[PDB]
Colleague: 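Shown below is the structure under consideration.
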Amino acid sequence: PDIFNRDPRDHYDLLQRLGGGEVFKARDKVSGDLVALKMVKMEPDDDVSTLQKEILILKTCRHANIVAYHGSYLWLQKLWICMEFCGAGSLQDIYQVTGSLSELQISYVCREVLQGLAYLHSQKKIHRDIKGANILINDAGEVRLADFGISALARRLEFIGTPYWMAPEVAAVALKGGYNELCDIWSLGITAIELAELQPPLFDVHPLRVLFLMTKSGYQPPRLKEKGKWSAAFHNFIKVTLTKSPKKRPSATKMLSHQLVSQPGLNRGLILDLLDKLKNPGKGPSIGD
Amino acid sequence: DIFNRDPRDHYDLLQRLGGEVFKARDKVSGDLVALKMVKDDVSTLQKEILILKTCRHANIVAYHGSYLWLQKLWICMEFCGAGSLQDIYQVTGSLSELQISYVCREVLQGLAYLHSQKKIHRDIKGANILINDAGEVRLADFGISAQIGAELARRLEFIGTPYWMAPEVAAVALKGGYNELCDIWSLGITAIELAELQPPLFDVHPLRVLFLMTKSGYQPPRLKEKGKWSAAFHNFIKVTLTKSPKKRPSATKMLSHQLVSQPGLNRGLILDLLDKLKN
Ligand SMILES: CCN(CC)CCNC(=O)c1c(C)[nH]c(/C=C2\C(=O)Nc3ccc(F)cc32)c1C
Ligand SMILES: CCN(CC)CCNC(=O)c1c(C)[nH]c(/C=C2\C(=O)Nc3ccc(F)cc32)c1C
């Protein structure tokens, strides 16, 4: 897992707090390469073997659409995860300045996220948290999924020995959990709306009320507010990723052949366009020269 | 309702009932009680105790108070002289159709109440159904039912933004992926257990049973010896054992079923069983 009991300041120069555990911009002391350092506060009763396993899940990822992992540092009951630095931050950080993404910019992001998701799911990993805040953009306009599952089955293993009085739905939860990797496909459909509208659907509704409505029978999956503005391909992409039944929701590899993400002309240049907007968001210079 | 003062001060310890539950006597009133001894978050502990304390119904064991001493938690509960139905049938053998119909009615009254309080028992079985000396039926928690409910309520307060969650993820975040109707199915299995001395598939490996239950085309269990039981009993088993929880009847709905609504269902049927237990 490459977890070093050393102080991270020995190898890296902390530069600036990027966000919030806490993420910092850092420079490699020998090469001068920019990295990101995610600091996670560890409690004393935390199990070491469980931390090594979680870290190794990140370490064993070798895909272009998942942030690269360089190493980890355990010092002062604080874990420092060293990863690929993505200059433009998250898509949430970006759209909060630029406004709504265009249909082609979203199509390219969805394609890149789906490539990341197809790889994770083929390794039996579930991101579990796909949203604008967790999709990073580097200076080249490239898309990376941030780290997942760190400091997040054993309880469910206890009941497994006595299933004889269990209802079929309880037995299904006990054996495979109440969800699988297809939860990420639904989260990506919500993310595509988020990128188009600046908010996920029902964002103005109380957290608890949304949870209740989502579980309530007759629950209708979200849809894009405007119609004509978006192609039939984009509306269908949202409709199929937001399939209510996970038994009917398509896999990431199935989605990769969808018209919205398989169309020609989708490249990081679409994101470099968005980045240009980010660099100069306000109006041009006034008469005061 | 938890105290730091050692329980031996209020109660005289008696014989171990099952392990860890103990029979005990109140030092001032002489009243018999049962003490559940359990060997860490104080927020989750208070949540568990409150679930037990707020259970005030004639078909649910009464809570008296709790004691935290030597890192051990002693939960003082109402005493039921005949122990669990499991303890009983391992001595008497099979219950009759009328004794089962009476137990099912009493359990359903206990469940209708728990379900009305947004509580789920989650471990309905012969082992968790107590019988007192007067032939009355009380639902109990030998295991970790209140712990599960408390742990779920704890996870709810710490549940992050829900807006990107798939509906199935929302269901586990909100209620562990199922609802109160699981108790209805467990009651269906318990009625077979009281009739045959074991739930269906008891002889089959638990991993194999889990795979069998989660497979497509899984047939709900049925009573083995069909001619021994009435059409009403066969039907009660059929409807409580509805595979889909969308079609499974509620505890209030089940209380209007012929098997449990019929006259001549009273504690006298269990008194006959208890005398058989003493014979
Ligand atoms: C809070 C205000 N911020 C201004 C500094 C908003 C803009 N955000 C920023 O600058 C920013 C930048 C430039 N990078 C990141 C984050 C990460 C990065 O590079 N690799 C990672 C790997 C994993 C991970 F989980 C996060 C990151 C942010 C938040
Ligand atoms: C296996 C046969 N054994 C013979 C010695 C045990 C028979 N069983 C017995 O004696 C017995 C008696 C008389 N009460 C209980 C249990 C409880 C009780 O009264 N209130 C509760 C409240 C909560 C709870 F979680 C358990 C009990 C048993 C096991």
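Simply put, chain letters go A, B, ... down the sequence lines. For chain A, we keep the numbers from the PDB entry: what you see runs 6-25, 29-160, 166-302, in order. We number chain B the way the PDB entry does; in order, the residues shown are 7-25, 30-49, 54-293. In each ligand, atom 1 is the first atom listed, and ligand 1 is the first ligand listed. All values below come from the heavy atoms of this structure, side chains included, with hydrogens, waters and symmetry mates left out. Recorded method is X-ray crystallography, 2.0 Å.
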Colleague: For ligand 1, what drug is listed?
Modeller: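 The drug there is sunitinib.
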Colleague: Which chain accounts for the largest share of heavy-atom contacts with sunitinib (ligand 1), under its name in the PDB entry?
Modeller: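 The largest share of contacts goes to Mitogen-activated protein kinase kinase kinase kinase 1.
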Colleague: Any idea which other chains come under 4.0 Å from sunitinib (ligand 1), counting heavy atoms?
Modeller: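 Other chains in heavy-atom contact: A.
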Colleague: Any idea which residue and atom the entry shows joined by a covalent bond to sunitinib (ligand 1)? Or none?
Modeller: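 Covalent partner: none.
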Colleague: Quick test: of every protein heavy atom, which one is nearest to atom 11 (C) of sunitinib (ligand 1), and how far off is it to 0.1 Å?
Modeller: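 Checking every protein heavy atom, the shortest distance to atom 11 (C) of sunitinib (ligand 1) gives A/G97 CA, 3.6 Å.
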Colleague: Taking the non-hydrogen atoms of A/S98, is any one of them nearer than 4.0 angstrom to sunitinib (ligand 1)?
Modeller: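 Flag not set, A/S98 not near sunitinib (ligand 1).
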Colleague: Got the closest protein heavy atom to atom 22 (C) of sunitinib (ligand 1), with its distance?
Modeller: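 Protein heavy atom with the smallest distance to atom 22 (C) of sunitinib (ligand 1): A/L144 CD1, 3.7 Å.
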Colleague: Among all protein heavy atoms, pick the one closest to atom 7 (C) of sunitinib (ligand 1) and tell me residue, atom and distance.
Modeller: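 Here the closest protein heavy atom is A/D101 OD2, 3.4 Å.
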Colleague: Does A/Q21 come within less than 4.0 angstrom of sunitinib (ligand 1), counting non-hydrogen atoms of the residue?
Modeller: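 Flag set, A/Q21 near sunitinib (ligand 1).
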Colleague: Provide, to 0.1 Å, the distance between atom 20 (N) of sunitinib (ligand 1) and the closest protein heavy atom, together with that atom's residue and name.
Modeller: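 Result: A/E92 O, 2.9 Å.
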Colleague: What atoms in sunitinib (ligand 1) come closer than 4.0 Å to a heavy atom of A/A154?
Modeller: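 That gives atoms 24 (C), 25 (F) of sunitinib (ligand 1).
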Colleague: Could you find the nearest protein heavy atom to atom 14 (N) of sunitinib (ligand 1) and give me its residue, atom name and distance?
Modeller: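 That would be A/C94 O, 3.2 Å.
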Colleague: Mind checking which UniProt domain of chain A carries most of the contacts with sunitinib (ligand 1)?
Modeller: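 The UniProt domain in question is Protein kinase.
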Colleague: To which protein heavy atom is atom 25 (F) of sunitinib (ligand 1) closest, and what is the distance rounded to 0.1 Å?
Modeller: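 Going atom by atom, the protein heavy atom closest to atom 25 (F) of sunitinib (ligand 1) ends up being A/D155 OD1, 3.1 Å.
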Colleague: Backbone, side chain, both or neither: what part of A/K33 comes under 4.0 angstrom of sunitinib (ligand 1), heavy atoms only?
Modeller: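 For A/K33, no heavy atom sits under 4.0 Å from sunitinib (ligand 1).
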Colleague: With atoms numbered from 1 as shown, which atoms in sunitinib (ligand 1) lie under 4.0 angstrom from a non-hydrogen atom of A/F93?
Modeller: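 Listed by number with element: 13 (C), 19 (O).
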Colleague: Within sunitinib (ligand 1), which atoms have a heavy atom of A/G95 less than 4.0 Å away?
Modeller: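 Counting from 1, the qualifying ligand atoms are 13 (C).
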Colleague: Give the residue, atom name and distance (to 0.1 Å) of the protein heavy atom nearest atom 1 (C) of sunitinib (ligand 1).
Modeller: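 Nearest protein contact, heavy atoms only, for atom 1 (C) of sunitinib (ligand 1) is A/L23 O, 3.4 Å.
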